[PDB]
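Chain IDs: alphabetical, in sequence-line order. Here chain A follows the PDB entry for its numbers: 682-705, 708-932, in order, are the residues you see. Here chain B follows the PDB entry for its numbers: 683-931, in order, are the residues you see. Note that these values count all heavy atoms, side chains included, but never hydrogens, waters or copies made by symmetry. Just so you know, ligand 1 is whichever comes first in the structure, and atom 1 is the first atom listed for that ligand.
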Amino acid sequence: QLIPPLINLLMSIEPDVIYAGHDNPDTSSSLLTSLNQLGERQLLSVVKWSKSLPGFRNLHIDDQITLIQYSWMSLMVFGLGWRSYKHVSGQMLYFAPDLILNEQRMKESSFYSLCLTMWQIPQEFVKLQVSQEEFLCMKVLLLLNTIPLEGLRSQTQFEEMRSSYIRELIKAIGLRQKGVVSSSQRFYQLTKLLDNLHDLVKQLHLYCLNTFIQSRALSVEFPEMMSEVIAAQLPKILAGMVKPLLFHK
Amino acid sequence: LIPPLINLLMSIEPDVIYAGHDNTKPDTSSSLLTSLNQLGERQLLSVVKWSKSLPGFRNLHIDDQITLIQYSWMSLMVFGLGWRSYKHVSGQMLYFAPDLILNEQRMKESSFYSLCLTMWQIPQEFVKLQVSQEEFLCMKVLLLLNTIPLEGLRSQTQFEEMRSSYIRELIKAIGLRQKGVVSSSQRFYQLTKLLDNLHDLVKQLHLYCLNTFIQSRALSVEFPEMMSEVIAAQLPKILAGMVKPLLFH
Ligand SMILES: C[C@@H]1C[C@H]2[C@@H]3CCC4=CC(=O)C=C[C@]4(C)[C@@]3(Cl)[C@@H](O)C[C@]2(C)[C@@]1(OC(=O)c1ccco1)C(=O)CCl
Ligand SMILES: C[C@@H]1C[C@H]2[C@@H]3CCC4=CC(=O)C=C[C@]4(C)[C@@]3(Cl)[C@@H](O)C[C@]2(C)[C@@]1(OC(=O)c1ccco1)C(=O)CCl
């Protein structure tokens, strides 16, 4: 087609729709447990996606697991932004077809604040008019956007993969942004959106880990696979003991 | 010839606290950490009582007092470990308590030799500097007052007055021994740098502690009541850097 084959591949490997299983009165705590229930199902889906993503299975298995444990929440908030942009024009948060939040369902002050943070992504998607082909290549680069302070075991292959998906994003931008000046500026805008996600996700990581270490008292359930990625890396990530990659100074 | 506020600090200094540790039984990774945290809980209770006696502290807002103890406990307790090790065993063993003393061979046998080396840095620095009791008592008050919230304190004006008063007192304590002008100025720089350096050493202890707390059931490590409360109140936020560490340099 005019659509490059790697992008059409990324489109075919996107996860199908995941339901939260929410029991449809609204309450902050039961809402949070439903959000983490959904997060467990989405985590399964991200690891399956990774198994089909070109290049990723060839990195050392420890690097595969480290990059999923670093990037899971960033990938899931970026997909929440896509669904919300696409289904409700960014104006509600479309966590799943059975768990769509508007402002009436955001009652407790810290819950609404966290939603506003997440709401930044679909607002930028609406402003910039991000395309599916852009979003698919961006989402790979977010998987690949933090490494350990000592680097990865397959650092060479990693660097090759990340360059390949930067070239692919350039192709995605080229589908629509025809000028030299305009497609350069578009590359800048998209890559700076990805750099800015590191600071957005830090607030969600802190709230997550604070809730997780008193989850019993809070009556907030975290499922087993999500509890493992939290316990394995979150405190180290929050402490700054990882290397976030940036496109811009 | 000792200034009255320092004599007061000496008078209110906690007494030595026993761990009640059973040195019949060989060290086990779980039993050694559980006994360390039981002793830490008793030392934390004592720091709370000390703070009720420390001039100025009871006149800050009660939420400020709680926050400053939640931010500084680890720093206070490591600094107190350093002083007892220097005073009682010439700095050459870690003197957690009179019944819980780790010489280097017991450190090496423990599963925690690296952590023990990191904490044993502090008494070795006290030996190198020949820190006096009057300098230590003032430095320890400044560790209580060495981090504030990003938004400041409710009693920010009273806090600054208090913290400046204890800086002035450290300057008087230096003057007891350092009679020359340049020597005295250099010693103020050295001791205040020692304090600034402790932020980085304590970050390492805070990360291990929070990982141990998350994994406490798996690892059979007990965390007593007040210790748990302060870890769950602030430790993720401190490790995220969402507080303001005060530096002298
Ligand atoms: C602030 C965090 C960040 C949250 C994730 C964002 C990314 C995300 C997107 C999804 O579509 C489904 C689940 C997750 C993976 C989230 Cl909503 C949940 O697990 C729920 C998460 C972890 C989190 O969400 C909230 O606290 C929250 C979300 C909305 C309002 O409060 C939380 O700590 C639950 Cl206790
Ligand atoms: C690495 C940390 C730092 C430790 C504190 C240092 C400061 C301290 C000084 C004490 O005398 C009593 C207790 C504490 C408060 C410590 Cl030893 C314990 O709670 C035990 C603490 C938190 C800690 O200690 C160790 O892990 C450890 C290994 C060997 C010595 O300490 C821990 O995480 C245990 Cl869960």
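The drug that appears at ligand 2 goes by the name mometasone furoate. Ranked by contacts, the top partner of mometasone furoate (ligand 2) (the one with most) is named in the PDB entry as Progesterone receptor.
Those other chains that come under 4.0 Å from mometasone furoate (ligand 2), heavy atoms only, are B. The 4.0 Å heavy-atom shell around mometasone furoate (ligand 2) contains B:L715, B:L718, B:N719, B:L721, B:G722, B:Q725, B:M756, B:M759, B:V760, B:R766, B:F778, B:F794, B:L797, B:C798, B:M801, B:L887, B:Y890, B:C891, B:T894, B:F905, B:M909. UniProt assigns most of the residues of chain B contacting mometasone furoate (ligand 2) to the domain NR LBD. Closest to atom 27 (C) of mometasone furoate (ligand 2) among all protein heavy atoms lies B:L715 CD2, 3.6 Å. Given atom 4 (C) of mometasone furoate (ligand 2), the protein heavy atom at minimum distance is B:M756 SD, 4.3 Å. Residues of chain B that UniProt gives as binding progesterone and that have a heavy atom less than 4.0 Å from mometasone furoate (ligand 2): B:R766.
Not a single protein heavy atom sits closer than 4.0 Å to atom 23 (C) of mometasone furoate (ligand 2).
Summary of contacts: the protein heavy atom closest to atom 21 (C) of mometasone furoate (ligand 2) is B:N719 OD1, 4.2 Å.
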